[PDB]
There are 2 protein chains.
Amino acid sequence: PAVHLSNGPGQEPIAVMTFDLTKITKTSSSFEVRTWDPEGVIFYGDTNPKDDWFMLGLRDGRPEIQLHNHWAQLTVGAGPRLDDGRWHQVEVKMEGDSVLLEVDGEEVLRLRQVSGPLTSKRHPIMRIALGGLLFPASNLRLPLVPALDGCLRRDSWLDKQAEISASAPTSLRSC
Amino acid sequence: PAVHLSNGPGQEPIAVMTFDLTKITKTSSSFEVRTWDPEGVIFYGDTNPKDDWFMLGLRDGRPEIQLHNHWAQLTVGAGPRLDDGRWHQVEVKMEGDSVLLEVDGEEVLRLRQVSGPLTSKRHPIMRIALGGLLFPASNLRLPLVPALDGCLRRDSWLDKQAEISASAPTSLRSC
Ligand SMILES: C[C@]12CC[C@@H]3c4ccc(O)cc4CC[C@H]3[C@@H]1CC[C@@H]2O
Ligand SMILES: C[C@]12CC[C@@H]3c4ccc(O)cc4CC[C@H]3[C@@H]1CC[C@@H]2O
Ligand SMILES: [Ca+2]
Ligand SMILES: [Ca+2]
């Protein structure tokens, strides 16, 4: 079952999941994405919209991560273009103080020394928004137009056991 | 003609080139490297060893860039492993406020919003050291053992016209 990463204008996310960081036993996520869209947000996450946020998106067809927290502030592009209309497996996880990005089974990016343990964040609640941000795009380190015209499927986010709740503005439109 | 990136213990660089930034008309470099060594420095560069430095090396066989300046401080791994004993083409250049890394003709990493124009650096003199750093490895953001047992060939560094001088401790040992 595949869902549309964009719905309507393409402003707000198609879904927001909230997690209790003190209950996480897994700090990784994975999913498949397919699109012809060269720019947009795949997912945004934060423990604090001002002080500790993260965004994985596409720019010029390639993955881009923006991260802003106490330890690091960055805007980094990496990996092959994914806007070739084919399904691509994507994994994002924490490994020690690093954030690793794997695409189609290959590690394409490792942001080192960027964060303390998820389970140790001052604000023990993490939000994960799909297909959109939880603040205006103008507030990104480097703005981009969030709308991502693509499909998401086979997605797993951290541990379902740590998930506090999940919301969706409109009905998840299938692909 | 190929030269050894390591000579002797593997502490100091095999060569140091100095450039006048006010005369540069090209902010890119390229070379080929071959090695079985998973860790080490390919090249280091700075306009200031304390406040504005850069290091391209290998860690776990993959490219890693560390950069420290007024705009950004990072430690980032990216691209495929290069320690497969085969020749690999590598290009490192500035594009706007970004630093791009291309391997075997493919862009594998783009560090965005990391620097003002090279021609505008307070200290208009850039040093490029090959196979080593110009400060102790303990001073890196993330230390690694600098010795890189590999070969370098077909190397071009910025513009020869902007090169002020070049030095080499020992005789460049051919591969
Ligand atoms: C945990 C994830 C990787 C690490 C990400 C991170 C990493 C560091 C940080 O300071 C904040 C965030 C928020 C979103 C997180 C992501 C949500 C799912 C993904 O697996
Ligand atoms: C200009 C190069 C890319 C950009 C690098 C950089 C980029 C930003 C910075 O603040 C310092 C340096 C020093 C070394 C530079 C490199 C030396 C050769 C390479 O082409
Ligand atoms: Ca788009
Ligand atoms: Ca080594």
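Order of the sequence lines sets the chain letters (A, B, ...), proteins ahead of strands, with each chain counted from 1. Counting starts at 1 for both ligands and their atoms, following the listed order. As a basis for the values below, the full set of heavy atoms in this structure was taken, side chains included, without hydrogen atoms, waters or symmetry mates.
For ligand 2, the recorded drug is estradiol. Counting heavy-atom pairs under 4.5 Å, the chain with the most contacts to estradiol (ligand 2) is listed in UniProt as Sex hormone-binding globulin. Heavy-atom contacts below 4.0 Å between estradiol (ligand 2) and other chains occur for B. Near estradiol (ligand 2), within 4.0 Å on a heavy-atom basis, the structure shows B:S28, B:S29, B:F43, B:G45, B:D52, B:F54, B:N69, B:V92, B:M94, B:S115, B:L118, B:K121, B:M126, B:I128, B:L158. Listed by number with element, the atoms of estradiol (ligand 2) under 4.0 Å from a non-hydrogen atom of B:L118 are 1 (C).
Among protein heavy atoms, atom 13 (C) of estradiol (ligand 2) sits closest to B:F54 CB, 3.6 Å. Applying the 4.0 Å criterion to heavy atoms of B:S28 picks out, from estradiol (ligand 2), the atoms 20 (O). The shortest contact between atom 15 (C) of estradiol (ligand 2) and any protein heavy atom is with B:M126 SD, 4.0 Å. Protein heavy atoms are found inside the 4.0 Å sphere centred on atom 17 (C) of estradiol (ligand 2). The distance criterion of under 3.5 Å between nitrogen or oxygen atoms is met by B:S29 with respect to estradiol (ligand 2). Checked by distance only, estradiol (ligand 2) and B:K121 come closer than 3.5 Å through their nitrogen or oxygen atoms. Within the deposited model, no covalent partner of estradiol (ligand 2) is present on a chain.
For estradiol (ligand 2), the polar-atom distance check finds no N/O of B:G45 at less than 3.5 Å from any of the ligand's N/O atoms. Residues of chain B contacting estradiol (ligand 2) are mostly from the UniProt domain Laminin G-like 1. Taking distance alone, with nitrogen or oxygen atoms compared against 3.5 Å, B:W157 stays at or beyond that limit from estradiol (ligand 2). Interface of B:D52 with estradiol (ligand 2), defined as ligand atoms under 4.0 Å from a residue heavy atom, comprises 9 (C), 10 (O), 11 (C). At under 3.5 Å, a nitrogen or oxygen of B:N69, whether backbone or side chain, sits near a nitrogen or oxygen of estradiol (ligand 2). For estradiol (ligand 2), the atoms lying closer than 4.0 Å to a non-hydrogen atom of B:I128 are 17 (C), 18 (C). Closer than 4.0 Å to estradiol (ligand 2) lie no other ligands or ions. Source organism (PDB) for chain B: Homo sapiens.
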Can you give me a line-by-line list of nitrogen or oxygen pairs between estradiol (ligand 2) and the protein shorter than 3.5 Å?
residue: estradiol (ligand 2); atom: 10 (O); partner: B:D52; partner atom: OD1; Å: 2.4
residue: estradiol (ligand 2); atom: 10 (O); partner: B:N69; partner atom: ND2; Å: 2.9
residue: estradiol (ligand 2); atom: 10 (O); partner: B:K121; partner atom: NZ; Å: 2.8
residue: estradiol (ligand 2); atom: 20 (O); partner: B:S29; partner atom: N; Å: 3.2
residue: estradiol (ligand 2); atom: 20 (O); partner: B:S29; partner atom: OG; Å: 2.7
residue: estradiol (ligand 2); atom: 20 (O); partner: B:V92; partner atom: O; Å: 3.0

